[PDB]
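Fusicoccadiene synthase, liganded with pamidronate.
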Amino acid sequence: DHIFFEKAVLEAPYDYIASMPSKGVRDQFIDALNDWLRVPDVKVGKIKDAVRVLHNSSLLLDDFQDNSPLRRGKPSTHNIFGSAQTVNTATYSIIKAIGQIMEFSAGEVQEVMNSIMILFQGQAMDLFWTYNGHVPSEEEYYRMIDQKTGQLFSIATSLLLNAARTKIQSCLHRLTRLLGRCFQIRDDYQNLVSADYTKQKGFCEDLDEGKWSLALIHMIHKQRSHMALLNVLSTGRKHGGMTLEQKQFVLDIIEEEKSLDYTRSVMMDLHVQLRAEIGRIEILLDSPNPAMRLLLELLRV
Amino acid sequence: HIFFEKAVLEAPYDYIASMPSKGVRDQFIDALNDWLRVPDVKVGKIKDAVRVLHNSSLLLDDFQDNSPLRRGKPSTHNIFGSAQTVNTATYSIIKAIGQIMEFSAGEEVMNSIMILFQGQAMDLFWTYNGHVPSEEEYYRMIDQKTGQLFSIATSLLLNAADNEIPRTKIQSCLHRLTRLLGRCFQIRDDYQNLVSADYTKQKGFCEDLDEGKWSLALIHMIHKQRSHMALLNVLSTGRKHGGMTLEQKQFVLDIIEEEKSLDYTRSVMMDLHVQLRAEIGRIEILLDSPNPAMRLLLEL
Amino acid sequence: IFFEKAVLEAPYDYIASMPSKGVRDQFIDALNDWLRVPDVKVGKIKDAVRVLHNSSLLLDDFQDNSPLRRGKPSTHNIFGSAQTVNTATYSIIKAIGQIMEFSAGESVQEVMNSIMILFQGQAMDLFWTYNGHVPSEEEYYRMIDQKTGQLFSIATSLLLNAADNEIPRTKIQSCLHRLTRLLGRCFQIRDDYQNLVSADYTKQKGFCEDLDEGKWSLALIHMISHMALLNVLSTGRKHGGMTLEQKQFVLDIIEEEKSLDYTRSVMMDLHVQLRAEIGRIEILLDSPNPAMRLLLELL
Amino acid sequence: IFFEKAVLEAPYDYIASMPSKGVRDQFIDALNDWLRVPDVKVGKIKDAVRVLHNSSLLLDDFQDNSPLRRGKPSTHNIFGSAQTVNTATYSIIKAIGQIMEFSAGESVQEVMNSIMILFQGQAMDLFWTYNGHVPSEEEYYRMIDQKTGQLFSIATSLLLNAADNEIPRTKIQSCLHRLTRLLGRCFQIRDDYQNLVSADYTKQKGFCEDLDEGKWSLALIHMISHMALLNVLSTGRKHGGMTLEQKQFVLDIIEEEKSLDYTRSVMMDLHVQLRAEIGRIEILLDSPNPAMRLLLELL
Amino acid sequence: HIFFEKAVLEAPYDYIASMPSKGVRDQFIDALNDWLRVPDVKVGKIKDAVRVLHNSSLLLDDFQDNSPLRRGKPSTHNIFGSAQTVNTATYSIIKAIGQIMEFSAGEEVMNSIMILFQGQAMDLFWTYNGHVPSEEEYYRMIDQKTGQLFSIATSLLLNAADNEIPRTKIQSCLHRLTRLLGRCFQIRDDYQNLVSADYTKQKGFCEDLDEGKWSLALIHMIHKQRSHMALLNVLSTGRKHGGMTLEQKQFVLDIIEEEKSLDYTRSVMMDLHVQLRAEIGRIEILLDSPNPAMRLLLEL
Amino acid sequence: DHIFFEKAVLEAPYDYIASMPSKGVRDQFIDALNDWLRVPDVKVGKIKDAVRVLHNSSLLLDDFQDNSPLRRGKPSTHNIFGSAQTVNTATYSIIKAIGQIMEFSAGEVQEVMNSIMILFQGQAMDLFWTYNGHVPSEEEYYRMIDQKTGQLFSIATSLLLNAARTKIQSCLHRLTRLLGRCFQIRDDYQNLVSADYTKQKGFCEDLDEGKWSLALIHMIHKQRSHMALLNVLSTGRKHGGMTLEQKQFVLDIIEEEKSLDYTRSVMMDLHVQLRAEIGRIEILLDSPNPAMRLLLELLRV
Ligand SMILES: NCCC(O)(P(=O)(O)O)P(=O)(O)O
Ligand SMILES: NCCC(O)(P(=O)(O)O)P(=O)(O)O
Ligand SMILES: NCCC(O)(P(=O)(O)O)P(=O)(O)O
Ligand SMILES: NCCC(O)(P(=O)(O)O)P(=O)(O)O
Ligand SMILES: NCCC(O)(P(=O)(O)O)P(=O)(O)O
Ligand SMILES: NCCC(O)(P(=O)(O)O)P(=O)(O)O
Ligand SMILES: [Co+2]
Ligand SMILES: [Co+2]
Ligand SMILES: [Co+2]
Ligand SMILES: [Co+2]
Ligand SMILES: [Co+2]
Ligand SMILES: [Co+2]
Ligand SMILES: [Co+2]
Ligand SMILES: [Co+2]
Ligand SMILES: [Co+2]
Ligand SMILES: [Co+2]
Ligand SMILES: [Co+2]
Ligand SMILES: [Co+2]
Ligand SMILES: [Co+2]
Ligand SMILES: [Co+2]
Ligand SMILES: [Co+2]
Ligand SMILES: [Co+2]
Ligand SMILES: [Co+2]
Ligand SMILES: [Co+2]
Ligand SMILES: [Co+2]
Ligand SMILES: [Co+2]
Ligand SMILES: [Co+2]
Ligand SMILES: [Co+2]
Ligand SMILES: [Co+2]
Ligand SMILES: [Co+2]
């Protein structure tokens, strides 16, 4: 009878992150997208649960892969169960999510499998650059984002699309791709700027991780000296993190170079294109979508 | 250079795949196919898929057990780091599943794959929280984390077998076979980790004592009526730290030898060998097809 | 020559200078209102028990790796673990010698036996956290009777052996044993309780010090669907202790399951039994003890 | 119930199972050839002193952070520091209780006082390495008389208090005190010596274990132009201990200055004084002691 | 890009040089030159040379004292690492010496520079081996490691002074001045490290208690007849570890306050202020040239 | 009177390295060079002592800068006295060495000061590349060597030259430069190959340091994959060193690529040029020099 006990052990790390609160964008996008597609409540529920597992599982891996001590102000899962159990649960949960997607969807699965694997191709580059200290170009950065976060929006879109036109499809493609860039570029921006992100992750958590955000990329390829900046980055990699003053030192250089102003420029332009794409769909479709415009608006600053 | 980013993604897999396997996995498929006689191309695809699953499991396991060595060389996460290694490992499992789908469509797997993680879950859970499992829990965990690999390969080969009869006679016997093989190979593995000098050369001296896993020898003497305060506390000391000193490892070995607990493990393995030979025999006669390959695989 | 003595007793003189007090001496004064032991012998008993209690504090702080004691650095963060342990062990021997100096016979072989039970209790405490065993409620209570309640018992045994002739120390026994047992259980449960609730117990020991130690308070034990809490304690065992965020997570689970309420109910029941016990003794000795009842009101 | 006792005594039963022996019991047998104490009481004295000596080994190994004892892991690398210290302190109390069980009067207050001097000696030992003070030869010798020579004194005090009636335990005193003092000084100096020279003392404790501890052997003290040696000891204090290469460097300086020879000369002089002392006692008791002279030949 | 490798070499110097000095060093040279009146160009060269020496000394000292903060910002070796920082520091000292040679030729320096290291040697030696120095040893060490900087600048300015007389009257007085200035500034520095909240903002809370240096306050109360077992042992505990906890630092402060040992340091500083004003006075009259700048420099 | 005690404290770290044994090449080169120049015994003694201090001081810094636990089988100086005292003594000793050079030499000093500073320019690049993980080109590597080790030979040469022609000078320049490259390239080679270097420094000490030797440089810029090789190097930098198996893994890749064969090729060609330069001088001068040819021969394999 204690087969239930074994299941609880296996899914304990998953039940942890899924329990905090943490959500927002994911569920909102599915709801907003469905205000257009009008997919049955039962089918969107099956899609929601699968995407949630998929998203939460990648968070389990990401926090471990990025060595993040905090998620949503609480300890990250691998600081509760340890990295070994967390990774084991996460990998299992992904397979479980794929099985669920198989159960209500035909094949094509052979399209979702492909896109799920693209997510890993995206993570691969992100982790590769961080680990070996290679600064990517701005375009490589965008391509990486399209794969690791943009593809995540695409998956939820493809699922809802297959449960509902024709030309409308190649417009949602432009939507999810632009949306993916908005999310990540904001996420990297807010990590260094916002004080909520400071409370839900720690002060400049990305600088401990050593990820290459758009601000750093822009000023690294910006032709001036930066002997100091280059060396603290190396110092951080050698110590596995930075002190509060070191992070502040990085921010001040960023401020002095106005590289965050560039990031703000890209985000505003992205919102312009996304506004246009949304209205393009609302016109091409029956009626407008305040839910999608809300989500877009939640993504500025 | 679209080729470059895939190379980065699959670099940790190519590393572990470039090492000498020992080919236990491949030898079994070959032996099983001496009975089922599936065409070489279909067999090759199944071999490739299972090889990817197995190697990916080793990627994860070495990191999870914090093993410094794999086949005498540094473990994969001591090349690419934990993050990269885990990422491709999960990806490669997805990829293998995708490969399996392309030539099969059915039907157990993937589902049986989820049982692997169920087995690992218990293995990792006990080790992390220091809970000593019973012999039955130990066996059940092994059926899930190890025996299932064999089950996977069999089902794949079985579903690809010709209409040359029966798939009804064999299935009961084949399940008995893969399960017995799974137990013995893991029990042998946990046994050899402490006594074999080749394993010392491949994994380091008594690597499982660093990992802190619960092998049959330890389990047997702990649930004994004799007191083992020292033994219990060294194991806890090893988990508190990153592992054990050589003297701490040697101390455990002395306790084991003093109580001949490895001899109990030898007895269990021999008894499993007997049942294995019996099971192979029932099939060799029922199909009128002797299998020197399976009996040769047993030679371990 | 005094220098050698000052070096040996420096770690003791450190904790002894701390304000860590307010229960041990008040219990002796409260009990002596009954036993009416001469003030001089009460002084020696107070001194001896003070040395013992301080010595156990030296050991426990080291053994639980507590960084703070009464808001100041713990003794082994001043003198190191080696000097602290050596001084502590010496101080225990010194106290016993003092006890021997004013009491003989089976009184000594009773206190000696009683002191050894303290270590028996500490052993189970230390053994459980080190090997990651979650104790039952009964195991926990028995552990408390040995390591905490026995300290009260020592003080009473000393006082009773020096009691006035107008007092039947044979009728009174077992009633006093029932008292100290309840009192020690009430004190320790409150101690484990307060460590997770208060400040003091965040100002004096740091935030949730028991969770760094990996101590098994009554709240924690009552719970162990509780999978996440088991693992973080294990994570706390593998790491040097818990992060501020990890400790807060434990509190949330306790709060959600209202484990704080359970221990609160247990201590109120102990308050009831204690009042009933003091009453029986008050009738038996034909003497009211407002001090004991006053001491009881410490929650 | 036995389980609780087994847990408490597990760290003691660990060192007690080790072959760490060959001097303590031989001294008792040698001395008893003179004192002719009944075999039964000698047994209890042997048991009590054995518990004390083992308990001091538990503490010292932890306090000096020694990884190895008799080729096997030290006790605190089996049970952890907390359990080891608690058991050790308990075992000391237990032994004293045993001593109390067959001896009364000022005999106890003598052993109690003698045990406290052991801690006084350990205190100076621990205090010096922790605060980086290089002791003089006299300070070192006095430290030895307290922490080592006193152990012999305890055994003799017990045996003398149980001596046969045909023996004048008043004439004999001070001669025995002179003996134990010399013997303890000879034993400890040899102990500090052997730790840097031998194997055993590389097989039993690891290579130059005293240099990890930061112990002040007679060789080291005799030297402190010696600037480089001072700093590596400091480096050894800041780090967890010394590397294999660092220990070897210390040996080279010792060898170059022939510090090994000095301690060798000191111990030969101690051999002379010891023979003179045994002789005086042999005349005074009209009884030869080939055992003591046999025990003496341990170099 | 021959320019690039020099930029790499001087990058750690440019970092520390880009910070707000406080200009005590420059204020002294200006004040001294109100008397000696050396042309601006020759004064500028001397300022530049001394500035390089001083900054290079801070490069070395911050690493040697393992200080995490310098003027509120991370210390240089927490940017470029210990290796690079030390390399340019030694180089910059050579460079400064080369600069000094180009406009002088003589004559004390460099020689006086070697006394700086002699002072640092004792400072580092006592701290590393935990030896408590006497008040006299403490003063002598300070004359060498701090007072000599002032001596260097004076000799340079003195050798560049015009034939407008005397260089014989002043030298005795100027040596008395630079030496008094050196003691007071270091004693003030060690004082302010424990009590000034601005120093907490620039270096962290009680940084010297992390370094484990021997300030006058600690030295005074240690060589006292009262016992200080606790105080002594915390300091040793701090050296055993990387530094002290906040409670350990606060504990030391409480002992200091309880014994008013900082008041003794205040008395010494005031007495040095008195002698300084006296020495400035003897010179202001002997040259018939009052120096509001020197007296204003004293305001600290 | 205890002014001598303060001096002992200051020079204790210097007296340590100077005492072991460790020498060889330095004294041999000065003797071999003087078999030509015939400079008085008193003057060459003054030159020897100064160069020894200079060389030993740089070793004090180098071991600390490279985090080397061992020198000549014994603990490095900063593992006896600590990094702080070692660096303080080293810097002082360099200034002391400069003063000594000033005392027997005119100015031009203004030539020796310049060359001493070049040594630091060389070290600067070596430490910069190691710390920030930048692989230099082969020519940058050679230029760096000319500055940090080749210039050291040049200093001893300039000193002896100024105490003694005309055209002979611009031949010694080619000698010291070639000699500098021979020494360092061999030193980097022997670090990974020789078992004496394994005993006098530890197994593959350079792989812990993370320096960029010619073998690594050659195969890094050699166009093939090397995903594994690139990542262990990063792993080493993140851990502050490598395990025995990791170093062996690096050696095997080096072996597989025959990059050490290339290093052997460069060394043999260097010996060819050096043989030619030596004979060129022996002819241009009075008589041959077996001492210099010996030293050259001590530098192969
Ligand atoms: N997308 C989830 C992961 C992140 O967004 P998060 O900020 O860690 O949630 P990352 O910054 O790692 O890309
Ligand atoms: N189960 C595959 C991994 C093992 O067999 P391996 O010995 O690590 O290959 P484990 O002993 O960890 O179970
Ligand atoms: N028993 C006295 C020691 C304690 O009360 P304290 O918390 O150390 O005061 P514990 O809770 O550790 O038992
Ligand atoms: N005094 C018994 C303990 C010793 O002899 P040991 O070396 O621990 O046996 P020490 O040398 O530490 O004093
Ligand atoms: N002496 C210059 C450096 C100092 O003044 P600083 O306070 O570190 O600038 P120290 O206190 O180390 O002496
Ligand atoms: N030249 C002295 C320094 C070296 O040669 P060494 O091998 O450390 O002596 P490096 O390898 O650091 O260049
Ligand atoms: Co809707
Ligand atoms: Co992340
Ligand atoms: Co991430
Ligand atoms: Co992010
Ligand atoms: Co074929
Ligand atoms: Co494994
Ligand atoms: Co495993
Ligand atoms: Co295994
Ligand atoms: Co009263
Ligand atoms: Co406690
Ligand atoms: Co406790
Ligand atoms: Co408590
Ligand atoms: Co006998
Ligand atoms: Co010892
Ligand atoms: Co000792
Ligand atoms: Co010893
Ligand atoms: Co002007
Ligand atoms: Co400083
Ligand atoms: Co300083
Ligand atoms: Co300062
Ligand atoms: Co010659
Ligand atoms: Co080097
Ligand atoms: Co170097
Ligand atoms: Co080298």
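Letters go in sequence order (proteins before strands), and every chain restarts at 1. Order of listing sets the numbers, starting from 1, for every ligand and every atom in it.
Lab note - all copies counted, pamidronate located at ligands 1, 2, 3, 4, 5 and 6.
Every other chain with a heavy atom under 4.0 Å from pamidronate (ligand 3) is named here: C. Residues of other chains with a heavy atom under 4.0 Å from pamidronate (ligand 3): C:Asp60, C:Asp61, C:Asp64, C:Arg69, C:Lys147, C:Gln188, C:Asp191, C:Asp192, C:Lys205, C:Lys215.
Summary of contacts: the protein heavy atom closest to atom 12 (O) of pamidronate (ligand 3) is C:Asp60 OD1, 2.9 Å. In terms of protein heavy-atom proximity, atom 7 (O) of pamidronate (ligand 3) is nearest to C:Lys205 NZ, 2.9 Å. The atoms of pamidronate (ligand 3) that sit less than 4.0 Å from any heavy atom of C:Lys147 are 13 (O). Per the PDB, the organism of origin for chain C is Phomopsis amygdali.
In terms of protein heavy atoms, atom 4 (C) of pamidronate (ligand 3) is closest to C:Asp191 OD2, 3.9 Å. The protein atom (non-hydrogen) at minimum distance from atom 2 (C) of pamidronate (ligand 3) is C:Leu57 CD1, 4.4 Å. Applying the 4.0 Å criterion to heavy atoms of C:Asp192 picks out, from pamidronate (ligand 3), the atoms 11 (O). At a cut-off of 4.0 Å, the other ligands and ions listed near pamidronate (ligand 3) are ligand 16 (cobalt (II) ion), ligand 17 (cobalt (II) ion), ligand 18 (cobalt (II) ion). Restricting to residues UniProt lists as binding dimethylallyl diphosphate in chain C, the heavy-atom distances under 4.0 Å from pamidronate (ligand 3) involve C:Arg69, C:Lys147, C:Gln188, C:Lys205, C:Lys215. Contact atoms of pamidronate (ligand 3) toward C:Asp64: 12 (O) (distance under 4.0 Å to a heavy atom of the residue). In terms of protein heavy atoms, atom 9 (O) of pamidronate (ligand 3) is closest to C:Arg69 NH1, 3.2 Å.
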